Amino acid sequence: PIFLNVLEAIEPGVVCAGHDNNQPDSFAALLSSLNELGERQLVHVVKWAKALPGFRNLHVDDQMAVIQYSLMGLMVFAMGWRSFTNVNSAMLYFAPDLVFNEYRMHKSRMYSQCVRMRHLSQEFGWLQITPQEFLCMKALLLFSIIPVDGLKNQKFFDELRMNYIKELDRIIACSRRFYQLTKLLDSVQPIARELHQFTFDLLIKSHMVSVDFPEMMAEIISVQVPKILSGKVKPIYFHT
Amino acid sequence: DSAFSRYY
Ligand SMILES: C[C@](O)(CS(=O)(=O)c1ccc(F)cc1)C(=O)Nc1ccc(C#N)c(C(F)(F)F)c1
């Protein structure tokens, strides 16, 4: 059970946005809390990562990129979880102090990606998604986005990824289920893409609509996010 | 160099 012993142990506890649920919902109110939460969650995604099984294999640059590349898609996924486990997919549980409704979904001008994300959370329930299945699916996602130029140490990565999936074969132990899980893992990317698009654009227009970006998130959005959007850095899909 | 590589 070791591999799960790990993931359970290292699983970061849910973090808050510090958002003001007394103040009215507005676009700028909402989107200065999701950039702060993103940075907060990222800080938990770094810790989490470093302690993963065999992740200190990799060239420190590949360690770093892969996180910046897979950061959005992960966050969604544990929101996929958090929304499902806490609110039964009626609402989005980005955090305890920033659970999203339809009004917020619209005020945030993120409505589409947001339906998509509830649908995900719905598919968490539809499909009997267990927590161990959740941890190794979430673990997997870290290794779900590469330069098609490949990595500096691409061989370690190829093999590392092979094992995290082997771990996901065993959590099921049959092939019927895999297809769906995979299929789901695959349903993360289009979203993380759409968001990445919105984020990007939002950064670009940030000075004009009164929305606050953390000195660090702007880097990732301006330097690493765009490699994804230009097609230099692709998702690894299971299907099609 | 970069802020994300610094923190790491
Ligand atoms: C709008 C944004 O703040 C952008 S960001 O957090 O700075 C960000 C910057 C770079 C990335 F690669 C991913 C996200 C964002 O997506 N925030 C955010 C915060 C928390 C959660 C959660 N949970 C999510 C989402 F993934 F669930 F949408 C999104």
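Naming: A, B, ... by sequence-line order, numbering from 1 per chain. Method of determination (from the header): X-ray crystallography, 2.8 Å. Only heavy atoms go into these numbers, but all of them, side chains included; no hydrogens, no water, no symmetry mates. Both ligands and their constituent atoms are indexed starting at 1 by order of listing.
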- ligand 1: drug name: R-bicalutamide
- What is R-bicalutamide bound to here, taking the chain with most contacts and naming it as the PDB entry does? Androgen receptor
- Using a heavy-atom cut-off of 4.0 Å, list the other chains contacting R-bicalutamide. A
- Give, by chain and number, all residues and nucleotides of other chains with a heavy atom within 4.0 Å of R-bicalutamide. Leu34(A), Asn35(A), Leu37(A), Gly38(A), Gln41(A), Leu71(A), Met72(A), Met75(A), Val76(A), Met79(A), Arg82(A), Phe94(A), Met117(A), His196(A), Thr199(A), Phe213(A), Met217(A), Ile220(A), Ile221(A), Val225(A)
- Message: Help me out: UniProt 17beta-hydroxy-5alpha-androstan-3-one-binding residues in chain A, which have a heavy atom under 4.0 Å from R-bicalutamide?
- Response: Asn35(A), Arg82(A), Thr199(A)
- Query: Which single UniProt domain of chain A covers most of the interface with R-bicalutamide?
  - Reply: NR LBD
- Task: Report the organism recorded for chain A in the deposit.
- Result: Homo sapiens
